[PDB]
Amino acid sequence: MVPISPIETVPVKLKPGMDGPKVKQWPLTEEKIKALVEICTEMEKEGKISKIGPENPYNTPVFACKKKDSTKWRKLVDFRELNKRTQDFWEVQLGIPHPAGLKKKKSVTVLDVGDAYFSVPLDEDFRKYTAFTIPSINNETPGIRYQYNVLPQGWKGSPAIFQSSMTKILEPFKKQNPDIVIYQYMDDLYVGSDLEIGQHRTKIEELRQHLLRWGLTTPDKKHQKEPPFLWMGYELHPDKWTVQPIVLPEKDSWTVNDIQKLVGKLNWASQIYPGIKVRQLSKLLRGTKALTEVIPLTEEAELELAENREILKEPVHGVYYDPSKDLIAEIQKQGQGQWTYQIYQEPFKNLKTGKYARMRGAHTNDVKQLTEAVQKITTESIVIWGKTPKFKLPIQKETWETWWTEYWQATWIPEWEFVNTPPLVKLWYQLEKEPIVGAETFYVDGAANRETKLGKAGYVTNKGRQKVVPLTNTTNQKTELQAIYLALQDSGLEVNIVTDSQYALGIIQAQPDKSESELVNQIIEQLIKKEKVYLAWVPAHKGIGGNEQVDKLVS
Amino acid sequence: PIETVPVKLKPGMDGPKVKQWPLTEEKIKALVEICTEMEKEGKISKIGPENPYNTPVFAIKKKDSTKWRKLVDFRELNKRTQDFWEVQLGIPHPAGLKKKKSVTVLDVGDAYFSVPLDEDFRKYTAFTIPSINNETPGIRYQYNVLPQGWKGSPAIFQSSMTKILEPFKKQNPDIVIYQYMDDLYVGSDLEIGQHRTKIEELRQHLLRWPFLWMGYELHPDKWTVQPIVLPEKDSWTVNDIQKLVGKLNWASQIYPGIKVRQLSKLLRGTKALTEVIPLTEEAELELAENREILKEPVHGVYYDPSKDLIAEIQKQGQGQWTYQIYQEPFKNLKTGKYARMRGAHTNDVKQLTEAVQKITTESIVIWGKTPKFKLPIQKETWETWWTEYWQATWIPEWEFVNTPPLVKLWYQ
DNA sequence: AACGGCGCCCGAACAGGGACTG
DNA sequence: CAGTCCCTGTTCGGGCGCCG
Ligand SMILES: Cc1cn([C@H]2C=C[C@@H](COP(=O)(O)OP(=O)(O)OP(=O)(O)O)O2)c(=O)[nH]c1=O
Ligand SMILES: [Mg+2]
Ligand SMILES: [Mg+2]
């Protein structure tokens, strides 16, 4: 006979055709034994845990760690076998609240529900599926087995149930206090209002008593009444916010697991620290698949790490969101596919920062990557503030106009303005739209053998110029690129090039300025040196123009 | 007082589990206000996380409409109940709708809210309203009645819709009425005044039983087709003929009678691209023969109702957008071109969105299906902006392609 | 040694189309 | 025509950060 709590239960079923968990216990140290027998005894008197008998043919081990630098302990469990057989839940946690999205509030209070999962009941017909024994001695007393009447920690349905139950309890209070903002993340409650300090504490206690009607306690241990508030890993001040102090390790010998933790902290620090790069550091995590393997720092990876430490020396901070002012986002190019940005409303009062350094595609240009960075910032801004910021981009209006009107794919950037901060983003060469009168016409082609990997590449021109170059260890695609490269090398400033390679033409028409292929980069270098280049395509094996002539030489 | 029609998923398929995407502030506030009214009216109910199913939701405004409309992306749930609204309770497609002079589209989705939904199927209509900056967890609802945007809604309501439209059809036997999704397609050969008058009579016929006041007018008899055309120049260069032979060779995949023998003979040698080449007597003959084949229809091209429709779109530049609708490759059922749509010369995504909506509307009128689109755009670009310009109560399937134009096939 | 959420940078596995070979 | 290859794309799961 256990009392039913005021919180409504969540009907939890299991996947059909499967039973409950039947896993043997794990032998642990005697320190964990004297740290769990007292918990099951206290939770039994409080109704959070009931005792069972032989009519419950289930079992589950119960390993446990401590709490982070605190006196108490955290009783954990191993429901990994129960989670495989428990029904799937739809998570209602859709993201993480960011302090840059918080608005200005005169009074701020951060609550913390003590015993979060232990204050929400479990489904009545589901309590039988949570069985676990507690041996008082490591190898003497068999120990009486108990069950769970609340939400156990470690079950995959516990977070979703608590977050949904907490919302239903706060709904009547929010309807009675519309002007009060309550950021609800797990059990921590961020309460803000523009009321006076005295009237704010009154509504806080009204909320504390409202939650107490459902057995939710908000003790004064983790009750925050004055800044700076530690909320979501940040330091909230009345007019600014900053990230809690980030410590970067400084080891004399760097391994693989050390760099993974280093880049992770730099990604977390790049939300308010402008100019953080992780290109050369993450480059060391390629190929090597041994977390305990020492890796020497590259000269480029050492200078990158040195510049990130100097940025973290000067303390930085972000401001809060003001809906009455516009949202501005400014992007800068850091080179080598690295982009950094700042989102603000007033000049030099950053809400947050960030970076975009993803390299997608074997061949690309700065205009494509700037477009991708704009999309990343747009979606991130809709999550945090629910609107798109006005962009300030280091690309000329005329440059952008040339790219998007001439590209074959649909592409677009939202309302933006040009900002003159080098290095400016531009297109490094422009293919002609019509053939060039007076320029030599190069008919290029390349063929390779699938078996021997041998091939040839060359050209013939209208002036009688001709070349055939034998190639070893190549493909048909590489020889077609090589044929175009030869024509660019051996021509003047203006040249017409006729190819039958859809592969090569598609790469070059997209005006790439960078590539994972040394050959494409060499082709790009030649295209920049030229004054006029016209690429034309013809179908192969049709006796068309000089393409039939050069096809005989290379094949 | 109405027995719920039992609905079951296709055998071997689970319900939709699609994550909600971020919504703008104005869309969230609109959905909160709409869902609060629907919850007060019993149309929807709040649910918990024990429902593992979820469908994305957002909001749109129709053309020249200032009123927000709730739109659920039931694309995943629809193809998981395909044997219901196509096999069990299907709607016949009238072949005369495309022949009518004027076709008006009427939103009748609100009528579905009066018919309850099967209790065992309500869990598959779950959707989640997000919050800005994740201030609060997701607010989950599920439908208690026939939801808008679900293909099972017009199928179950078809019996109710037929009895409502039965007196009007007897009064006007020459009017063709087709129902697709939340819409009603009404076509007639009457004059513009007589047509709109009969449309208003049909509106009053539905009133005696929040977007019924709107009427989007179509004219399928004015819908044009874009054939493959060849350039006509006074003088021809080596480059002009190389492009012409390249276009005719690709066109041979559609018309097997196109020849390029006499034209390729003009390019004998290794000539400069700008060298003018006069067309021979046989070249004029072969080029004139190829221009007539492009006017002749393609052999063995007809609609198969069992096959899906595919739509390809090409960005031609300067507000020009060509498209082709087919079921088998090179067997185009329709080819067309759009020009000077909204967003022309400034916004590719709005134009592409407009083009997709126009092509889908034509496909509903002509065949009664929505095609799967091959969109000439990056996935991340389309998924960032497309909802900002969507003005339709349905959503077609789409995929993303990247095909550089080796030869301008549909627009010189 | 647990659960859930989001972000990054990583690699392996898989899909898809031009082009050559039997 | 099949069956490969070459090349490029997406998907996914895990590494790390962070929250609870
Ligand atoms: C930090 C943490 C948390 N949780 C779950 C459990 C309760 C809520 C909040 O945890 P908590 O606030 O730190 O501890 P709690 O149970 O509330 O007890 P108190 O320390 O607040 O009194 O999230 C978890 O499952 N694993 C974790 O590592
Ligand atoms: Mg707590
Ligand atoms: Mg070739």
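Residue numbers start from 1 in every chain, and the chains themselves are labelled A, B, ... in the order their sequence lines are given, proteins ahead of strands. Keep in mind that the numbers below use all heavy atoms, side chains included, and drop hydrogens, waters and symmetry copies. According to its header, the structure was obtained by X-ray crystallography, 2.5 Å. When a ligand or atom number is given, it counts from 1 through the structure's own listing order.
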(message) Quick one: what's the drug at ligand 1 called?
(response) d4T-TP
(request) Give the name, as used in the PDB entry, of the chain with the most heavy-atom contacts to d4T-TP. (result) HIV-1 reverse transcriptase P66 subunit
(request) Give, by letter, every other chain that has a heavy atom closer than 4.0 Å to d4T-TP. (result) A, C, D
(request) Show the binding site of d4T-TP at 4.0 Å, heavy-atom contacts only. (result) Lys67(A), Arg74(A), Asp112(A), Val113(A), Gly114(A), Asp115(A), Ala116(A), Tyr117(A), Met186(A), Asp187(A), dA2(C), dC3(C), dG20(D)
(request) Please say whether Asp188(A) places an N or O atom under 3.5 Å from an N or O atom belonging to d4T-TP. (result) no
(request) Under 4.0 Å from a heavy atom of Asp115(A): give me the atoms of d4T-TP that qualify, with their elements. (result) 15 (P), 16 (O), 17 (O), 18 (O), 22 (O)
(request) Check each atom of d4T-TP against the heavy atoms of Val113(A) and keep those under 4.0 Å away; list them by number with element. (result) 17 (O), 21 (O)
(message) Any nitrogen or oxygen of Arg74(A), side chain or backbone, less than 3.5 Å from one on d4T-TP?
(response) yes
(request) Note down any other ligand or ion with an atom under 4.0 Å from d4T-TP. (result) ligand 2 (magnesium ion)
(message) Could you tell me, atom by atom, which parts of d4T-TP come under 4.0 Å of a heavy atom of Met186(A)?
(response) 8 (C), 23 (O)
(request) Could you tell me which atoms of d4T-TP, counted from 1 in the order shown, lie closer than 4.0 angstrom to a heavy atom of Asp112(A)? (result) 12 (O), 21 (O)
(request) Run the numbers for me: atoms of d4T-TP, each under 4.0 Å from some heavy atom of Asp187(A), listed by number. (result) 9 (C), 12 (O), 17 (O)
(request) Please give the name under which the deposit lists DNA chain C. (result) DNA (27-MER)
(request) Heavy-atom contacts with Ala116(A) under 4.0 Å: which atoms of d4T-TP show up? List them by number with element. (result) 7 (C), 8 (C), 16 (O), 17 (O)
